[PDB]
Structure formats: structure tokens, C-alpha cells
There are 2 protein chains.
Amino acid sequence: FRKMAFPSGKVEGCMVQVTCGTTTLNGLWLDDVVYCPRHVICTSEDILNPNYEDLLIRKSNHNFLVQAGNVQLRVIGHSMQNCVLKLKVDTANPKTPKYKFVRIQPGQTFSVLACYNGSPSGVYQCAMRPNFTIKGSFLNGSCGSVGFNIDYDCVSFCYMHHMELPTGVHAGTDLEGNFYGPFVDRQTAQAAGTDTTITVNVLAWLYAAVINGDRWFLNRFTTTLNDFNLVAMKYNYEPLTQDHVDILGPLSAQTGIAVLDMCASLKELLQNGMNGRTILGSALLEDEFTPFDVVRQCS
Amino acid sequence: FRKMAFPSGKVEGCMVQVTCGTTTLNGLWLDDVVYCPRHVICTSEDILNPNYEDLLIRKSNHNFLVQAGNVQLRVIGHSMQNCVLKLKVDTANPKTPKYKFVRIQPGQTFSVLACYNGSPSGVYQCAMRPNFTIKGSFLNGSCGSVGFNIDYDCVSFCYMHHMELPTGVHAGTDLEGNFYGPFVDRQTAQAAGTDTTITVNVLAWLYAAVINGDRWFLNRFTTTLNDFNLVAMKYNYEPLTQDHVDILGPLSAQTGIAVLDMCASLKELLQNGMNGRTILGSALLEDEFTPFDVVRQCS
Ligand SMILES: CC(C)(C)[C@H](NC(=O)C(F)(F)F)C(=O)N1C[C@H]2[C@@H]([C@H]1C(=O)N[C@H](C=N)C[C@@H]1CCNC1=O)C2(C)C
Ligand SMILES: CC(C)(C)[C@H](NC(=O)C(F)(F)F)C(=O)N1C[C@H]2[C@@H]([C@H]1C(=O)N[C@H](C=N)C[C@@H]1CCNC1=O)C2(C)C
């Protein structure tokens, strides 16, 4: 059982490089529009406290240099949707997949294609944390890299990368340019809310462990949903809803372990610790696999 | 630091399916040749005790169904090289990347594109263990999925998947069909040997921690390579080769910590433990990041 990303080829064919003045970052080229973070327009002075509408009205199409590989795409119009710039180009991307823009909820996972200078560098799986950050791997020039899920040849874009917080976690927007979380695209100190652990995902991962032949953490105890939630909240875990219990149904039926029996296992893990043992090679409880992720990989 | 795969697009464009009889696995289409595991020619009875030369002599080009999606590629020749079948087809793949076939060493990492019926399913990073197995994630029909690294648009193919051992780890060949390790492509009792920890990768991880300011474990001692190797083996760690010392060169130069001084630091951790301290937020020493992986993620 590995952390597994979606194949990235459908997204690689959409990545381009966008340069405005001194700043170069990545854009997403779909049909005849390039989407990118609007902070590309800022100078190093503007970026400390930008007035974006005032800055954008002062730009011309020719201020934007868009490069797909070696070929320059001519920008023929530009507008702003929240924190995302939409550059209209005179060329349609023949590699445009079937796609949708979606806003994901905390606890959902997605694949990130990290890119620099319009060229894909790496792919990995992330979860939207309950505090609306992501624990990514992004360096200078990674902005405009996107996160996505793939469902039968349809790419659902859910994240565009904008910034790194002082704690090393990351923040960005949906493809409508709205940030996940209380963050802003301004270079100034910003912290996130206290994070919590994605309970339904920890349980899904415990089931993945059982599917892969590990049972050391199970016990013979039971719990009610409410009593489990009291202990979960005490340990800074998210509430488990009846919808979550239902979503875990396939995994419970495959292993024969009732959801509330798995909750009693997790409760014991939280109260006693792992005593130096590991689950699926991990010394900590892993919360970045959803129930769907486990099913997709295990079957 | 997290496991980051290479973008899979250049490999996705080379994946096809190969069917003999009712058995379908994956193949790799480069120029006008498709490479796949030779056990595609076996029936469920043959696999228990196959005579591959006799099975191949009964086959003709017209017994092999090669498909890119649902589009058939006409087979015009077939031959066996070690444990791989090479099917010459009448069409050169226009998506063939610049590529090399390489045989990797234990400890080296690579990205796996897990595929079923020629359709990519997911991508993840793997390390070749010292016992010549990988801790993959593979289901029925995954054989012919490949592992690869990418360097300046050149894809180095290093692994093709063949089998799962009873401990749940995986075994396969290079693209010339030579197995890694003592395994054979027959359904008969086989077992992975005892494994060891990849010392060169643990050292790379310690350098990564130093780069990020986590350096409490740096001591005031040094060691010789030979003395270190003899101690490491007593802790079930791999000895270092001269090539390992050289691949740590860039990280040693970046940090100013001599390789042998870092070896002495690791020796102290092995002999006295970590004393409840963590390194990079972990109580365990990670051994599946190579020196290149550490550099790749900070560059
Ligand atoms: C890291 C930092 C001090 C720079 C700053 N953060 C804060 O100012 C904070 F305190 F608000 F977080 C920050 O990220 N930015 C400052 C400026 C943009 C963003 C930015 O440079 N984005 C990079 C896109 N190419 C990706 C970054 C680079 C390092 N790793 C990444 O992921 C905007 C918020 C408008
Ligand atoms: C695991 C199994 C008990 C079935 C068996 N293993 C052993 O015989 C061993 F133990 F010896 F290794 C293994 O038999 N196979 C039998 C036959 C091929 C191989 C096989 O089915 N390969 C699959 C390719 N599509 C990938 C597998 C499927 C499950 N997960 C995988 O990765 C060959 C060795 C010729």
C-alpha cells in the first residue's frame, strides 16, 4: 500500500510558462485560455501590499509572455477572476483534456504536478488539511502548479499553488481563484489555524492495513459513535459523521470489521500509542488516504 | 520531505496491452517494438512448470493481440530475450521519448506507472531493496508495468513487473529481461531473502536534515570506511561502496560535513539510539530517499 498519485500526462500537456516583468511562474493552458496566479504582475515592492485591480488595469497584453515549450503564445486579452489571471491566447491547446473545475472539501485528496518554468518536475499525492493548508513540496517558481483528480479521462482541477507559510505548509486557490483558508496573496507573515487529523482517513488507512495482512492494532472492544467522537475531539481529530461510517461500508464489508469496531481500535491507539510499532511502515497514524483512495488501490 | 515520483506522461504514451489467449498484460511500445513479460504466453497450467522455448516455438505472430487502447497494432515478429518478449509491430510509436534501458543497483529509486489492460492507473516511488525486491502496489494484470527515472527529457527504464512474493513484495526484470535477484518466472515456492537497510540513503536523509537545520546528531568523531562497513553489517545495514561515497559528494560539499564524519554520526545513532529525539520530525531513519532524490527536491 503506497501513496499513489494519478498519472500526470493529461495535465503535463497543459503546463506553460508565464512571465511578467521580473517574475516567471507556471500557467495552465486549456483551450485558448491560460490560468495563472495573479501575483505574477507584482514587482518586489508591489507584492508586499498589492492592490490587484489597480495593478492589473495598468498592464497591457504585451506585458505577458506565455511560452509553451519553445513556442511563444500571443496574449490577446486578459481578465482576473479573484486570485487567478485568465490570459486569452490566439492558439488553442490541442492537448486539452476533458476537464472540470471543482472546489474540494477538507480531507479530500488530490495529485499535485509540481512544475518550474512551465516544465513538469514531480508528482505526488496531497490532502486538503482541515485548516485548509496542504503539506506539499514546492520551491521558488512553483506557483501555478495545479492539483487534480482523474475520473475516466476527465481531469477535475481543484488546486492552484500560490504560497508557502512560515511553518513549511502550503496554500493556494481553486481554479476560480478563491483561496482555501484564511490566506491572502500578499507577502506578509501569515499563519494557519490549528490543524486537526482527518479521522475518516485514518480509519480507511487502518482498513488498508488489514487488507494487506496486518491486524496487530485490532481489539475486541466496541464503541458508540458519540463516545468515539468525544475521544476523537479530545485528541484533536475531526468528528466522524454517519456519512463517513457509510462511506467506510465497502471496507468494513471486505474485511468483516465493523466501522465502530475499527473506531475502538483507533481509540486504543490514541489512548495507548503505538508503543514503537509501525502500521504499513509508518510510525504515525496516516490521514492522507480517503476511503475511495484505499478502494481504488486495493481493488 | 515526501516521496515524489517523476511525471508519468512520457511513459503513459508508451503503454499498450498484450493478450495471448485469455491472458492480458501490459507492454511498452518504443519505436516499432513492444516489450512485455514472456509469461504472457503461458496458460494457468503452463505457469506451474513452463518450458518457455517450447511454448514460444508453437506461437506465431498471429497469436499475439497488441492494442493501444482498442486499436490493434499488427505484430510482424516475435522473439524472447531472457524473461522478456519483444514483439515487432508495423507502426513506430510517435510518442516514443528519448530513452535508455538501464540496470539499477539496490538502494536506487524509481517511479512506477502501475497499469492494467494497458491503461495507466497510478504512479508512485519505489526503491530497489538490497534483497532485490520492491515494496510495490500491484494487483492481477499489472505485469508489464514499468519503473523509470527521467533525466533531461530522457527516460531511463529500469524495471518491468513480473511477480509477487508471499511476503507481499514484488520482483521483476530490467528491460533486457534479466531478473533482479534470484527469482524465476514460474509459479513455484519462492521467498524474498533477508533484507538490510540502505545505508547510503540513510546518510542522504541525514544530509537532508542538516540542510534544513536539524543537526543535533552531528558528533565530533570520524571513522574509516572499512571500520564503518564492518560495524554497519552488525546492525543489518548495507556496507558502502566507493560509488556510494561519491554519490554523497554533492550533499557533503553543500553542507561541509565530510562523508566519513556523517558515517561516524550514523554509527553513534546505531550504537546508542536516538534517545527519544527525532530527525526531520521522525523517530525512524528513512532509507528510500537517494542522494539524487534529496537534491532533486531542493533544486
Ligand atoms: C515563501 C514566502 C516568504 C515567499 C511567501 N510567503 C508569505 O509571504 C507568507 F508568509 F504569507 F506565507 C510566499 O510564498 N510568497 C510571497 C508572494 C507569493 C508567494 C510566493 O512566492 N509563492 C511562490 C510561487 N512561485 C511559491 C513559494 C516559494 C517558496 N515555496 C513556495 O511554495 C505571494 C504570497 C503573493
Ligand atoms: C502472486 C502469485 C501467487 C500469483 C505468484 N507468485 C509466485 O508464484 C511467487 F511467489 F513465486 F512469487 C505469481 O505467481 N505469478 C504467477 C506467474 C506470474 C506471476 C503473476 O501472476 N504476476 C502478475 C502479473 N500480472 C502480478 C502479480 C499478481 C498479484 N500481484 C502481483 O504482483 C508468474 C511467476 C509467471
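The chains are labelled alphabetically, A first, in the order the sequence lines are listed. Throughout, chain A uses the PDB entry numbering, with the displayed residues spanning 3-301 in order. All chain B residue numbers match the PDB entry; in order, they span 3-301. Whatever order the structure lists ligands and atoms in, that order sets their numbers, starting from 1. Determined via X-ray crystallography, 1.5 Å. Below, each value reflects all heavy atoms present in this structure, side chains not excepted, and no hydrogens, waters or symmetry copies.
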Name in the PDB entry of main chain bound to ligand 2: 3C-like proteinase nsp5
Report the name of the drug modeled at ligand 2. nirmatrelvir (bound form)
With a 4.0 Å cut-off on heavy-atom distances, which other chains neighbour nirmatrelvir (bound form, ligand 2)? B
Return yes or no for this condition: an N or O of B/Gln189 is under 3.5 Å from an N or O of nirmatrelvir (bound form, ligand 2). yes
Is the shortest distance from atom 21 (O) of nirmatrelvir (bound form, ligand 2) to a protein heavy atom below 4.0 Å? no
Contact (N/O only, under 3.5 Å) between B/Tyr54 and nirmatrelvir (bound form, ligand 2): no
Which domain of chain B, as defined in UniProt, supplies most of the contacts with nirmatrelvir (bound form, ligand 2)? Peptidase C30
I'd like to know if B/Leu167 contacts nirmatrelvir (bound form, ligand 2), where contact means a heavy-atom distance under 4.0 Å to any ligand atom. yes
Within-cut-off N or O pair, B/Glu166 and nirmatrelvir (bound form, ligand 2), under 3.5 Å: yes
Help me out - which other ligands and ions lie under 4.0 Å from nirmatrelvir (bound form, ligand 2)? none
Any protein heavy atom under 4.0 Å from atom 7 (C) of nirmatrelvir (bound form, ligand 2)? yes
What protein heavy atom lies closest to atom 17 (C) of nirmatrelvir (bound form, ligand 2)? Include the residue and the distance to one decimal. B/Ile49 CG2, 4.2 Å
Return yes or no for this condition: an N or O of B/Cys145 is under 3.5 Å from an N or O of nirmatrelvir (bound form, ligand 2). yes
Among all the protein's non-hydrogen atoms, which is closest to atom 32 (O) of nirmatrelvir (bound form, ligand 2), and how far away is it? B/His163 NE2, 2.8 Å
Tell me the contacting part of B/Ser144 for nirmatrelvir (bound form, ligand 2): side chain, backbone, both, or neither, using a 4.0 Å heavy-atom threshold, strictly below. both
Identify which residue UniProt marks as active site in chain B lies closest to nirmatrelvir (bound form, ligand 2), and report the least heavy-atom distance rounded to 1 Å. B/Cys145, 2 Å
When you measure from atom 28 (C) of nirmatrelvir (bound form, ligand 2) to every protein heavy atom, which one gives the shortest distance, and what is it? B/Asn142 OD1, 3.4 Å
Which residue and atom name correspond to the protein heavy atom nearest atom 11 (F) of nirmatrelvir (bound form, ligand 2), and how close is it? B/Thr190 O, 3.0 Å
Do any nitrogen or oxygen atoms of B/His164 lie less than 3.5 angstrom from nitrogen or oxygen atoms of nirmatrelvir (bound form, ligand 2)? yes
List the residues forming the binding site of nirmatrelvir (bound form, ligand 2), heavy atoms under 4.0 Å. B/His41, B/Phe140, B/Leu141, B/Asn142, B/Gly143, B/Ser144, B/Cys145, B/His163, B/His164, B/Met165, B/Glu166, B/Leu167, B/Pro168, B/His172, B/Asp187, B/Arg188, B/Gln189, B/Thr190, B/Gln192
